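Heads up, this one has imipenem (open form) in it.
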Amino acid sequence: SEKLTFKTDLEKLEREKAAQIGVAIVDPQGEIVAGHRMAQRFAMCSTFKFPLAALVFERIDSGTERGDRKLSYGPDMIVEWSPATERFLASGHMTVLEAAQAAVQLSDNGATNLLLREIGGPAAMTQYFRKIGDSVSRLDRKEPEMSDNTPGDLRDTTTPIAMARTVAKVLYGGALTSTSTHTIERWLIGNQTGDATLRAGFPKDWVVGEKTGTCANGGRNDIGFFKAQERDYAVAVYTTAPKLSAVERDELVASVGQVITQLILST
Ligand SMILES: *C(=O)[C@H]([C@@H](C)O)[C@H]1CC(SCCNC=N)=C(C(=O)O)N1
Ligand code: NA
């Protein structure tokens, strides 16, 4: 059984790395292909920035937001890991689209918070999840405190299956116009932060786009999509590995990518 091999290999990683590994893979309609701990809650950390960008694109599509609107800010908006926000600080603003692209592709925290300020805060992010059919994912705080990942805390969490289904809804389920869907996919493909994680474990000919996260207390996550030839999939990987170094957590997620690949290729 290829799915048994998948389960067994993930459990071997868990045991040897002292880790918990949550995975869900779904088809474009949100039907389950495979998973592991798929309805266990994990901290979203930076992975929520992909759904945030989807919210922004939905508002742009609808006309309730403009992509080129200038969002002004001062140094108060600079928090840890805000590379683009820092570069644009002297100019005094970033546009909605510049901020969204920095949030997705650099995981820029300042840019994320700038968009959160604009779209109605964590409550509004959570409302968007509910609107697209996700009753599980919740944002409670801005960055970086939302990534605290205190054991047991249900704030700022999702499950692998809820998030994989949200990804499928955004990319394949008509949440966005064709133009906006294409743009967000290109942003995910061009992500600058995921070279050593999930996509490092996929075949080089698969089209892959993803959004990473790193949380306190050993969280390392990666969510997105892959196209294996003509077949499209949405995937969410959430891991917790307190005893590993940062490099080893990257490698753990890449290893999960290889386990996913073995399943897809062999089935
Ligand atoms: C998201 O999970 C965190 C945010 C909560 O601070 C950011 C930080 C990182 S990695 C830290 C250094 N970044 C780049 N060199 C990520 C990430 O996407 O892995 N998101
Ligand atoms: Na300020």
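Using the numbering of the PDB entry, the residues shown for chain A are 19-285, in order. Ligands are counted one by one from 1 in listed order, and the atoms in each one are counted from 1 as well. Quick note: numbers below take in every heavy atom, side chains included, and nothing from hydrogens, waters or symmetry partners. Structure method, as recorded: X-ray crystallography, 1.2 Å.
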I need every copy of imipenem (open form) for my figure - which ligands or chains are they? ligand 1
Counting heavy-atom pairs under 4.5 Å, which macromolecule has the most such pairs with imipenem (open form, ligand 1), as named in the PDB entry? Extended-spectrum beta-lactamase GES-5
Which atoms of imipenem (open form, ligand 1) sit under 4.0 Å from any heavy atom of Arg238? 19 (O)
Is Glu98 in polar range of imipenem (open form, ligand 1), meaning some N or O pair under 3.5 Å apart? no
Quick one: does imipenem (open form, ligand 1) sit under 4.0 Å from the side chain of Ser64, the backbone, both or neither, non-hydrogen atoms only? both
I'm comparing imipenem (open form, ligand 1) with the natural ligand. Which residues that UniProt lists as binding imipenem in chain A have a heavy atom under 4.0 Å from the drug? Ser64, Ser125, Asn127, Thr230, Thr232, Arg238
Look at atom 8 (C) of imipenem (open form, ligand 1) and say which protein heavy atom is nearest, naming residue and atom and giving the distance to 0.1 Å. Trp99 CD1, 4.3 Å
Protein heavy atom under 4.0 Å of atom 11 (C) of imipenem (open form, ligand 1): no
Determine from the entry whether a covalent bond links imipenem (open form, ligand 1) to a chain, and give the residue and atom if so. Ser64 OG
Tell me whether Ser125 has any N or O atom under 3.5 angstrom from an N or O of imipenem (open form, ligand 1). yes
Can you tell me which portion of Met164 lies within the under-4.0 Å heavy-atom range of imipenem (open form, ligand 1)? Options are side chain, backbone, both, or neither. neither
Tell me the protein heavy atom at minimum distance from atom 5 (C) of imipenem (open form, ligand 1), and give that distance in Å. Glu161 OE1, 3.0 Å
What protein heavy atom lies closest to atom 17 (C) of imipenem (open form, ligand 1)? Include the residue and the distance to one decimal. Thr230 OG1, 3.3 Å
So, regarding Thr232 and imipenem (open form, ligand 1) (criterion: nitrogen or oxygen to nitrogen or oxygen, under 3.5 Å), is there a contact or not? yes
Other ligands/ions under 4.0 Å from imipenem (open form, ligand 1), by number and name: none
Proximal imipenem (open form, ligand 1) atoms for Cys63, defined as those under 4.0 Å from one of its heavy atoms: 2 (O)
Does an N or O anywhere in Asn127 fall below 3.5 Å from an N or O of imipenem (open form, ligand 1)? yes
Would you mind running through imipenem (open form, ligand 1) and noting each atom that sits below 4.0 Å from a heavy atom of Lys229? 18 (O)
Heavy-atom contacts with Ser165 under 4.0 Å: which atoms of imipenem (open form, ligand 1) show up? List them by number with element. 5 (C)
If you take every non-hydrogen atom within 4.0 Å of imipenem (open form, ligand 1), which residues does that pick out? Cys63, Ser64, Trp99, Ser125, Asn127, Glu161, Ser165, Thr211, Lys229, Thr230, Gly231, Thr232, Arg238
